[PDB]
Participant: 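First the structure, then my questions, so here it is.
Throughout, chain A uses the PDB entry numbering, with the displayed residues spanning 8-42, 51-269 in order. Just so you know, ligand 1 is whichever comes first in the structure, and atom 1 is the first atom listed for that ligand. Hydrogens, waters and symmetry mates are skipped; everything else that's a heavy atom, side chains included, is used.
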Amino acid sequence: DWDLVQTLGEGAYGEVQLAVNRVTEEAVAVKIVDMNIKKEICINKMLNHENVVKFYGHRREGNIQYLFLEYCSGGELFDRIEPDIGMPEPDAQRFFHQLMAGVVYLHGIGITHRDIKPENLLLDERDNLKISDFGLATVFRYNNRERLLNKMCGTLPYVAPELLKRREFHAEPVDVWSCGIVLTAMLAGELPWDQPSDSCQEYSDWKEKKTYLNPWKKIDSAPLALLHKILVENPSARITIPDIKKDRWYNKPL
Ligand SMILES: NC(=O)Nc1cc(-c2cccc(F)c2)sc1C(=O)N[C@H]1CCCNC1
């Protein structure tokens, strides 16, 4: 059926192989996991959008799952972020538009990803950004009724502060915050804090508006002003995606 040509990634999660069709030479990605995966499959089956990694199907051979996925030859966004520099501002803006499109799509169908970070955003052959790895994703809305979440999911530098502080919390502002951290990384090549908490010096400095320090001094006033609306501790005063779409920098031709 498919020839496994090479490893695209490996981790405790499992591995990702580039597979090439024996007859047609079509290339796809195959995520292989040795048995959570049932849910990842379930969620993947719900998705159809240009800014999400497309799911083609799956096959279970014993205890091993093979998920057939759209091959994104551009790799992880993470490898486009030059350490302590980031990337040109216009590329950052374009990737952010595309990230927003994907997140808007997921939220529209009541799905929250919960693990948004540059390692889980892939780039296709035309450098279009695609949301990847739905292994922590879940439903937060059923028939116009929202459920608040309580699970400790994600990676600390990207997680919203309410995740640590509150007994439960709305899904959407958590994904928005992580998108702001990804935006900061893209602009400055630097994560702003290890943990979103007052005991982290870099976090308090941000709340004390010390943007003369890194990474904020590397960032132009315009996108910086977007980041002040996104990286807001109180999730109820945090900017929503409909209002992100109205931000001056977001709409600035670059
Ligand atoms: N779908 C697809 O092409 N996948 C895909 C393709 C990748 C890739 C593409 C080109 C060059 C290269 F070195 C890697 S990496 C990757 C992937 O899904 N990695 C995961 C591992 C777990 C952490 N999140 C990213």
Participant: By the name used in the PDB entry, which chain has the largest number of heavy-atom pairs within 4.5 Å of ligand 1?
Facilitator: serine/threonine-protein kinase CHK1
Participant: Indicate which of AZD7762, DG-031, 4-phenylbutyrate, 9-cis-retinoic acid is modeled at ligand 1.
Facilitator: AZD7762
Participant: So which protein heavy atom does atom 10 (C) of AZD7762 come closest to, and at what separation?
Facilitator: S88 O, 3.4 Å
Participant: What part of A36 sits under 4.0 Å from AZD7762 if we count only heavy atoms: the side chain, the backbone, both or neither?
Facilitator: side chain
Participant: Suppose we measure from atom 6 (C) of AZD7762 to each protein heavy atom; which comes out shortest, and what is that distance?
Facilitator: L15 CD1, 3.8 Å
Participant: Just go through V68, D148, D139, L92 and tell me whose heavy atom is the nearest to atom 20 (C) of AZD7762.
Facilitator: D148
Participant: When you measure from the heavy atoms of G18 to every atom of AZD7762, does any distance fall below 4.0 Å?
Facilitator: no
Participant: In terms of heavy-atom distance rounded to 1 Å, which UniProt active-site residue of chain A is nearest AZD7762, and what is the value?
Facilitator: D130, 7 Å
Participant: Report yes or no: does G90 have a heavy atom closer than 4.0 Å to AZD7762?
Facilitator: yes
Participant: Per UniProt, some residues of chain A bind ATP; which of these have a heavy atom under 4.0 Å from AZD7762?
Facilitator: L15, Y20, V23
Participant: Quick one: look up the protein heavy atom nearest atom 9 (C) of AZD7762 and list residue, atom name and how far away it is.
Facilitator: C87 O, 3.3 Å
Participant: For AZD7762, indicate whether the residue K38 contacts it via side chain, backbone, both or neither (heavy-atom separation under 4.0 Å).
Facilitator: neither
Participant: Suppose we measure from atom 18 (O) of AZD7762 to each protein heavy atom; which comes out shortest, and what is that distance?
Facilitator: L137 CD1, 3.6 Å
Participant: Could you tell me which UniProt domain of chain A does most of the contacting with AZD7762?
Facilitator: Protein kinase
Participant: Measure the distance from atom 21 (C) of AZD7762 to every protein heavy atom, then report the residue, atom name and distance (to 0.1 Å) of the closest one.
Facilitator: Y20 OH, 3.5 Å
Participant: Give, by chain and number, all residues and nucleotides of other chains with a heavy atom within 4.0 Å of AZD7762.
Facilitator: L15, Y20, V23, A36, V68, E85, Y86, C87, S88, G90, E91, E134, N135, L137, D148
Participant: Which pairs of nitrogen or oxygen atoms, taken one from AZD7762 and one from the protein, are under 3.5 angstrom apart?
Facilitator:
from, atom 1, to, atom 2, distance (Å)
AZD7762, 1 (N), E85, O, 2.9
AZD7762, 3 (O), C87, N, 2.8
AZD7762, 24 (N), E134, O, 2.8
AZD7762, 24 (N), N135, OD1, 3.0
AZD7762, 24 (N), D148, OD2, 2.8

